[PDB]
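Some notes on the structure that comes next.
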Amino acid sequence: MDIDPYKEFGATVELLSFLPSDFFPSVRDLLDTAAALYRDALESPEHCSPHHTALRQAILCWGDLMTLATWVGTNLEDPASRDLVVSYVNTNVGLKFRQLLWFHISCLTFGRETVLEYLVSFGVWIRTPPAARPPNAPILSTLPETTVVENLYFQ
Amino acid sequence: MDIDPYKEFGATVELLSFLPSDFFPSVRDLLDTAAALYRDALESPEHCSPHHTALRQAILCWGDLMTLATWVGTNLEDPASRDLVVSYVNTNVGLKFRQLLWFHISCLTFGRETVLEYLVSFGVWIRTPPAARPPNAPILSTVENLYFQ
Amino acid sequence: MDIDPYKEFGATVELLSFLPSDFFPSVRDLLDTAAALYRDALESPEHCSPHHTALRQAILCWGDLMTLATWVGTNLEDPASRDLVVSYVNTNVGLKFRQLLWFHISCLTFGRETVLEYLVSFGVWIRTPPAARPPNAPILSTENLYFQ
Amino acid sequence: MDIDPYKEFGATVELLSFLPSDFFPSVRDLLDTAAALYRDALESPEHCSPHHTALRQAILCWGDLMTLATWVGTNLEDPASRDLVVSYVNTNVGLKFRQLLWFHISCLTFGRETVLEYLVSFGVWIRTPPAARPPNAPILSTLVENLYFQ
Amino acid sequence: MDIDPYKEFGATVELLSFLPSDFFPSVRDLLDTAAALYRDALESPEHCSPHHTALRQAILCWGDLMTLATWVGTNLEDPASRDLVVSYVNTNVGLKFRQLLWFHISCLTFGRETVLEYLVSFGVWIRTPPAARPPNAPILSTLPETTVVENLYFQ
Amino acid sequence: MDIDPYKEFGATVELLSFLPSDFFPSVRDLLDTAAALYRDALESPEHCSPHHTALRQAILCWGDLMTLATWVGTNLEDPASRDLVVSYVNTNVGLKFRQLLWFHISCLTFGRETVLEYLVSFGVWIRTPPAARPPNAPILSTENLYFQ
Ligand SMILES: CCOC(=O)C1=C(CN2CCN3C(=O)N(CC(C)(C)C(=O)O)C[C@@H]3C2)NC(c2nccs2)=N[C@H]1c1cccc(F)c1C
Ligand SMILES: CCOC(=O)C1=C(CN2CCN3C(=O)N(CC(C)(C)C(=O)O)C[C@@H]3C2)NC(c2nccs2)=N[C@H]1c1cccc(F)c1C
Ligand SMILES: CCOC(=O)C1=C(CN2CCN3C(=O)N(CC(C)(C)C(=O)O)C[C@@H]3C2)NC(c2nccs2)=N[C@H]1c1cccc(F)c1C
Ligand SMILES: CCOC(=O)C1=C(CN2CCN3C(=O)N(CC(C)(C)C(=O)O)C[C@@H]3C2)NC(c2nccs2)=N[C@H]1c1cccc(F)c1C
Ligand SMILES: CCOC(=O)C1=C(CN2CCN3C(=O)N(CC(C)(C)C(=O)O)C[C@@H]3C2)NC(c2nccs2)=N[C@H]1c1cccc(F)c1C
Ligand SMILES: CCOC(=O)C1=C(CN2CCN3C(=O)N(CC(C)(C)C(=O)O)C[C@@H]3C2)NC(c2nccs2)=N[C@H]1c1cccc(F)c1C
Ligand SMILES: [Cl-]
Ligand SMILES: [Cl-]
Ligand SMILES: [Cl-]
Ligand SMILES: [Cl-]
Ligand SMILES: [Cl-]
């Protein structure tokens, strides 16, 4: 099968690939943030949303990879090679999970449309030559809960 | 965090662990069954169901685990050592994914209630001594006169 | 005192003894089934039933027995006598607890009469010569309030 | 599973463990008291109460531990005092059963509320320094129409 | 800063000092009593009372002190010097926490006034020569606010 | 007992531990700020607030800890282990008290909801890669005669 984990969420692997690897927080920091903001939802008996369901699996999958990588490492006769398999996972699959965790955590806070627009905004900014672009990166931020039109309507 | 992947689906890790490892099809056979029955839905831009969403991730996660386990296996000296990794996968994370893939595929066909009832039925049958129990395993499956007047 | 643990549940040690030891699931499998089916009730602050009360104590007692048996195994100077302890447990107190756990778990699922009738049914079948009896064993198949 | 045998009776292992081991009668004396006061009920075909059901199992469980201990001493000991196994049992699991038998026998006589209050009363008394506390321990105890005189 | 932990509770360090060290249960026995009587309240999300808030911190502080003393003790190889750490705890900070835990646990059960009156009663009794005083110590108990006659009068 | 000192104040240890250790002022700087802003309230015979009650105990507890550490340090044989005591304080109990003192002092100034929101804001900012985030950290922030 050819399954793109972003496709049911309105995105693609190629679109997440538009961002440089340096854009994404680390796996540990994504996992810490998922816990700080969404632990209760993620641990609840309710689906909550497709993003929650996917994020739960992504978190556990990283755990599966690290548990396997740690176990083999303990079996490597060279004690200096203890985290060699763990390093292998980070090198070849770490970026994939950073993209995926970032996507779901961000979508849960900002909504798909805002996240996808930000992906484009940053990817265009980082491809503009540094001496020709605004010094600071674009900012990821939430939409207003109420529009100016609605606010003025109820004056 | 402590996330139980079955909890949002009305089950638990402990409940799936009630079944012996020999109960489950192999991961390869589970993956081939998911493809034969649900490939178009799994590859679609539609969520379809929480089971589809979870199953998509599990399928992809197993691919990651196999690339890792294959990399360790193909780069490991000694047949006994590679036997150990294959054994470790068989005993631990392979069993986890056999449970998980079986659960989601079965739920997509029979519904949660039927699946959970079958888990108990088989788990009780296999714990009954063979000489005392029915020879075959339990099976997973799904008008008045007035009516004619 | 002479207490029969089955007496308040309508049975006796003698009746459970009518079944061959091979009839019963293992202690481990009985404990796993009690957890799979009744963990929440067994761990709850509610009595639930006399079967739950008895089953709670039986589960804890087996833990006590295993801790004692482990201490005997580790403290016996001779390795051959450790073997005797295990075989003694399997033959004697392990069988007692297989009977007891099976009885209460089955009663919680099927009710007292069905269980008592099944004990007799299987005990009669296994005593019928194999070449003269049905090829398969009889089947165990089908509450909230408890009088005295 | 994590089963607390006191939980269905409104108590916990931790609560019983608030009492020092010296608080409790010996297992033998608890068993003699169960027999003297409740033998007929314990041996009857009636449930009687959840306390009776639990007490029956606890009495039989101690029998199982002692039968095991005695059998090892008889068969697997020669010049050993053959009381080595029996001695370990009374050292570790004996306290657990003194708590359990005492709880059920006391509840059958005084009721849960009075028993739990007494556990707290004695636990506080024994933790008060002896030279600062009352000399005697707290005590476990529990407690006509007008027309007649007109 | 010079803070007296009793001042917001109507007492002082000097007043608790009026009681001899032998008056107090050990820290362990005070902690075990706090758990037996107040565990649910102490672990709850509600303030409950200023005594509860203070008692919560005292329990945790003792944990901090013993964890530090343990780490020092277990990482000191000479056994005599480990006994020096224990003696320092017993001599100095153990008495401070025995006073403090006793005060808060007693106040939660009997109220401030009864506790302070009892502090005085015992401190006076123990300073009376043993051959001249009642054989038994005064008793900590809640006194009745009204007499039987008064209670019957307002029936 | 398992007491979370933040629980009665609407937070948890895990939430405070979302912030990196470098976020917090030193214990000394927290204590000096508490004295500059709240000394009279803290030394008063009035409860003032649950935050004041908790903060009083934390201040005294730090005094207990440092005298113990000083007594150990001044009686230790070799400076390398004197350095070990300081390092233990810096890594373990100093971090706990930096979190705790900061929480109470900040709550007394800004209120719980502002503090908890700021914790999240900074914790997310510091986890954003430096080259991708705003250059500055988020900020913690909140006649008489004519009407006679
Ligand atoms: C937790 C939700 O995610 C965010 O809020 C995320 C953010 C939100 N932004 C964080 C940095 N920023 C501030 O501090 N701001 C300050 C203020 C005052 C609020 C404002 O000016 O508006 C704005 C800006 C907002 N940025 C990003 C990324 N930016 C670039 C590359 S990555 N990723 C995630 C994220 C981050 C860390 C861990 C995670 F796990 C995740 C998912
Ligand atoms: C595809 C949905 O799953 C099933 O249908 C599943 C089945 C369905 N059963 C298959 C075997 N059976 C028949 O052929 N039957 C024939 C008939 C005519 C209908 C009848 O006699 O009633 C009944 C019985 C039904 N059994 C199981 C398991 N049984 C025991 C241990 S495992 N697991 C899954 C499953 C299986 C393979 C790959 C998968 F990937 C999965 C998930
Ligand atoms: C969990 C309740 O117990 C049972 O259900 C028990 C059973 C239930 N039976 C299990 C075997 N069977 C099937 O799979 N059946 C299939 C079907 C379709 C439902 C039907 O034909 O009706 C019937 C038959 C029913 N049998 C027994 C024993 N039989 C003989 C000796 S022992 N003991 C217990 C038990 C078992 C294991 C662990 C335990 F822990 C216990 C207690
Ligand atoms: C049999 C019910 O239990 C009791 O009555 C129990 C008692 C009852 N008390 C017995 C001692 N007492 C008297 O003699 N009293 C005499 C009188 C005239 C009424 C008075 O002076 O007031 C009061 C006082 C009541 N005390 C206790 C415990 N106290 C402290 C630690 S243990 N445990 C159990 C118990 C005891 C033994 C074997 C058991 F098996 C048990 C269970
Ligand atoms: C738990 C509340 O504290 C008490 O109840 C406290 C008590 C209560 N007293 C306990 C001793 N007593 C009884 O048993 N009494 C009842 C009795 C036997 C029926 C009778 O009247 O003769 C009265 C008398 C009341 N005494 C004390 C202290 N007394 C002297 C020095 S210290 N300190 C605390 C306390 C105690 C232990 C652990 C703690 F942790 C604490 C705090
Ligand atoms: C004393 C109350 O606490 C504060 O005010 C606290 C602050 C207040 N902030 C101080 C730094 N800032 C300014 O100078 N600002 C300038 C101005 C003009 C007023 C504005 O733009 O608003 C804003 C910003 C506000 N920041 C913090 C922390 N920020 C980041 C990590 S820690 N912690 C505490 C605190 C600090 C020191 C000792 C303590 F002890 C404590 C508790
Ligand atoms: Cl095949
Ligand atoms: Cl009698
Ligand atoms: Cl409580
Ligand atoms: Cl006295
Ligand atoms: Cl001031």
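Residue numbers begin at 1 in each chain, while the letters A, B, ... track the order of the sequences. Just the heavy atoms: all of them, side chains too, but no hydrogens, waters or symmetry mates, feed the values below. In each ligand, atom 1 is the first atom listed, and ligand 1 is the first ligand listed.
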Check your understanding: What's the drug at ligand 6 called?
Key -> linvencorvir
Review point. What is linvencorvir (ligand 6) bound to here, taking the chain with most contacts and naming it as UniProt does?
Key: Capsid protein
Exercise for review: Report the chain letters of other chains having a non-hydrogen atom under 4.0 Å from linvencorvir (ligand 6).
Suggested key: F
Exercise for review: Would you confirm whether any non-hydrogen atom of the protein falls under 4.0 Å from atom 13 (C) of linvencorvir (ligand 6)?
Suggested key: no
Check your understanding: Which part of F:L37 is near linvencorvir (ligand 6), with near meaning a heavy atom under 4.0 Å away: side chain, backbone, both or neither?
Key -> side chain
Exercise for review: Just need the protein heavy atom nearest to atom 7 (C) of linvencorvir (ligand 6), so name the residue and atom and give the distance.
Suggested key: F:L140 CD2, 3.8 Å
Check your understanding: In terms of residue, atom name and distance, what is the protein heavy atom nearest to atom 38 (C) of linvencorvir (ligand 6)?
Key -> F:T33 OG1, 3.6 Å
Check your understanding: Does atom 23 (C) of linvencorvir (ligand 6) have any protein heavy atom closer than 4.0 Å?
Key -> yes
Review point. In the protein, which heavy atom is nearest to atom 2 (C) of linvencorvir (ligand 6), and how far is it?
Key: F:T109 OG1, 3.4 Å
Check your understanding: Is the shortest distance from atom 34 (C) of linvencorvir (ligand 6) to a protein heavy atom below 4.0 Å?
Key -> yes
Review point. What protein heavy atom is closest to atom 32 (S) of linvencorvir (ligand 6), reported as residue, atom name and distance in Å?
Key: F:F23 O, 3.5 Å
Practice item. For atom 36 (C) of linvencorvir (ligand 6), grab the closest protein heavy atom and report residue, atom and distance to one decimal in Å. Key: F:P25 CG, 4.1 Å
Review point. Is there a heavy atom of F:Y118 sitting under 4.0 angstrom from any atom of linvencorvir (ligand 6)?
Key: yes
Check your understanding: Does F:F110 have a heavy atom less than 4.0 Å from any atom of linvencorvir (ligand 6)?
Key -> yes
Review point. Any N or O on F:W102 sitting closer than 3.5 Å to an N or O of linvencorvir (ligand 6)?
Key: yes
**Study point:** atom 21 (O) of linvencorvir (ligand 6) - nearest protein heavy atom and its distance
**Key:** F:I139 CD1, 4.2 Å
Check your understanding: Hey, which atoms in linvencorvir (ligand 6) end up nearer than 4.0 Å to a heavy atom of F:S106?
Key -> 34 (C), 42 (C)
Review point. Can you find a protein heavy atom under 4.0 Å from atom 5 (O) of linvencorvir (ligand 6)?
Key: yes
Point to revise | chain F: source organism in the PDB | key: Hepatitis B virus subtype adyw
Check your understanding: Which chain positions lie within 4.0 Å of linvencorvir (ligand 6) by heavy-atom distance?
Key -> F:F23, F:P25, F:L30, F:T33, F:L37, F:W102, F:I105, F:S106, F:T109, F:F110, F:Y118, F:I139, F:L140
Name each N or O atom in linvencorvir (ligand 6) that is under 3.5 Å from a protein N or O, and give the partner atom and the distance.
from, atom 1, to, atom 2, distance (Å)
linvencorvir (ligand 6), 33 (N), F:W102, NE1, 2.8

